[PDB]
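Structure record follows, encoded as C-alpha cells.
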Amino acid sequence: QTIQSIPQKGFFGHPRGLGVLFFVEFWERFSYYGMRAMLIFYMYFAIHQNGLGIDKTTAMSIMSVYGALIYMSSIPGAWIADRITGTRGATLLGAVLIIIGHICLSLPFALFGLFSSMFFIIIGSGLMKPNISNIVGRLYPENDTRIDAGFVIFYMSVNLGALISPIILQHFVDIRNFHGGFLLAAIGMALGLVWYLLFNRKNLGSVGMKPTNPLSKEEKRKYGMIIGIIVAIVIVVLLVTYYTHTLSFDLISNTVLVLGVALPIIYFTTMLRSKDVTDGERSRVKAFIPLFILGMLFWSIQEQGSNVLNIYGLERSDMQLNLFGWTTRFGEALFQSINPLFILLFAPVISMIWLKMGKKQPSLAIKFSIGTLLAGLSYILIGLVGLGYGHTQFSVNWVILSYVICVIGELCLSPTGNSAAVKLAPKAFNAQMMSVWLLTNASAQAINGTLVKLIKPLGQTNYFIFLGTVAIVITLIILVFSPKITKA
Ligand SMILES: CC(C)[C@H](N)C(=O)OCCOCn1cnc2c(=O)[nH]c(N)nc21
C-alpha cells in the first residue's frame, strides 16, 4: 500500500514527510531565486566590476528565455517520472543536476560556465519542480481532506526561499564577488540534497519509486528513436553554427519564441478534439482559452519585474528607500523580495476576502481580469512616473509601488488559475490541463524573451506605457464576454 508505508502525521498535523520536502524545496527555491537574482547583474555588469559585460538587451533576454525553459521542461520531466523513472527518482536526479549547474557559475568559466549552468539547471528543474509537487499530493490518501493546507505549507517554503535569498545574496553584489554568491546558493542546494538523502527513505516510504505507466519493450524503442534523433539534430545545428560563427542568442530566443507560441495550441487542439472530452467539459476548455490570455498578459508583466523593472530602478531612481522617516539604501537585488513578501503576508488575507463573500464572490474571469488590469495599471504607473520626472532621479519608492500593485494583482490570479487548472480539467486530460495553466507562465516568458528587444527602439519609458495599455485594453475587451465565459 502507498499510505500504509508512510507516517500519516509528524509535521504540524500533516504527514511527517511533508517536513522532509519542505526542507528540500526550501533549500532549492532559496538557491534558485538567489542565483536568479544575481544573474541579471552578473551579465550586464562590466568586466572591471567582475561582471561578464553582455549587452543589456541580450542579458534581459536570456533572463526570460532561461525562465520559460524552466517551466517548459516541467512537461517532459512530468513525463519521465510518468514512464521511466518515477517521481522519486526524477526528483533525486533533478536535484543532483541542479547542484552541478550552481557549481558551474562558481568556477571562472566566463561565457562557457554560464550556459552549461543554464543547461544543467533547466534539465534538473523539470525533473524536480513538477515531480516534487507530485510526491506531496501522493502522501495524502484518497479521501483525506488535509491535502489542501498541506500544499499551502509546501508552497510556503517556495516563498520563504525566494524571500530570504535576495536578502542574504545582496552583499556579494555590493562587494561585487559574484563567484562567492553562486557558491552559497550552491551549498544551500546541497543542504537540501543531503537532507533528502538522510531522511527520504523513512518518511516518504515507497511513494513514487516506480513509474505509473511504464514503457513497453516497443515503446522504449519508438520513443528512444524519436527523442534520440531530435537531440542529434539539435546538437548538430548548434555545433554547425558555433564553428561557422553563425550562433548568437537570436537562434535560441527565436526557437523558444516559437515553442512558447506553438505549445499552447497543440494542447488545446489535441484537447478540444478527441471524443474523450464530453460536451460539458468542452466549451469549458474553450472558456479557459480567454483566461489563458489574461494569464499570459499578466505573467508577461510580472516576470518582467525580474529583468526590466529592476534595471530601470537601479539606473533611473535614487535607490534610497524613504518611508515615514526611515531612509536606507535600497539594494538592487532586494527587488525580488517584495513579490514573495506580500504573498507570505497576504496570501492568508485575500483568502478571507473570498470566504466572507461566499457565492457573491467574483467569477473566475473576473479575478483574471482584476489581476491583469492591475499588472496593466502597474506598468502605466511606472511609465508615467518616468514620463513626469524625465532626466531627474526620482524615488525608488515609485519602483517599489509598481512591484506591489503587481503582486496584489497576482493575489487574485495565482490562487485562481491553479485552483482552476486541475479543477475543471477534462476528466481524461487532467495532466494535459495542468500543462496548460502552467504555460501561462512559460509563454509569457518566451514572449518576453523577444518583447524586450522593443526597449531600445521605443525607449525604456514608452515601452512601459505600451505594455500596460495592451493589458488593460485587451482585458476590458474580454471582460465584455465575461458572462459567456462564466457559463461553465
Ligand atoms: C518572484 C518569485 C518570488 C515569484 N512570485 C514566486 O513566488 O514564484 C513561485 C514559484 O513558482 C511555483 N509556484 C508557486 N506557487 C505556485 C502555485 O500556486 N501553483 C503552481 N503550480 N506553482 C506555483
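Residue numbers start at 1 and run along the sequence shown. In each ligand, atom 1 is the first atom listed, and ligand 1 is the first ligand listed.
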Q) Which chain forms the chief contact surface with ligand 1, and what is its name in the PDB entry? A) Peptide ABC transporter permease
ask   = Among the choices ethinylestradiol, tanaproget, valacyclovir, safinamide, propentofylline, what is modeled at ligand 1?
value = valacyclovir
Enumerate the residues contacting valacyclovir with a heavy-atom distance under 4.0 Å. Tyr33, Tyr71, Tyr155, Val158, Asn159, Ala162, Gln302, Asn339, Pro340, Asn418
Exercise for the section: Write down the organism the PDB entry assigns to chain A. Expected result: Staphylococcus hominis
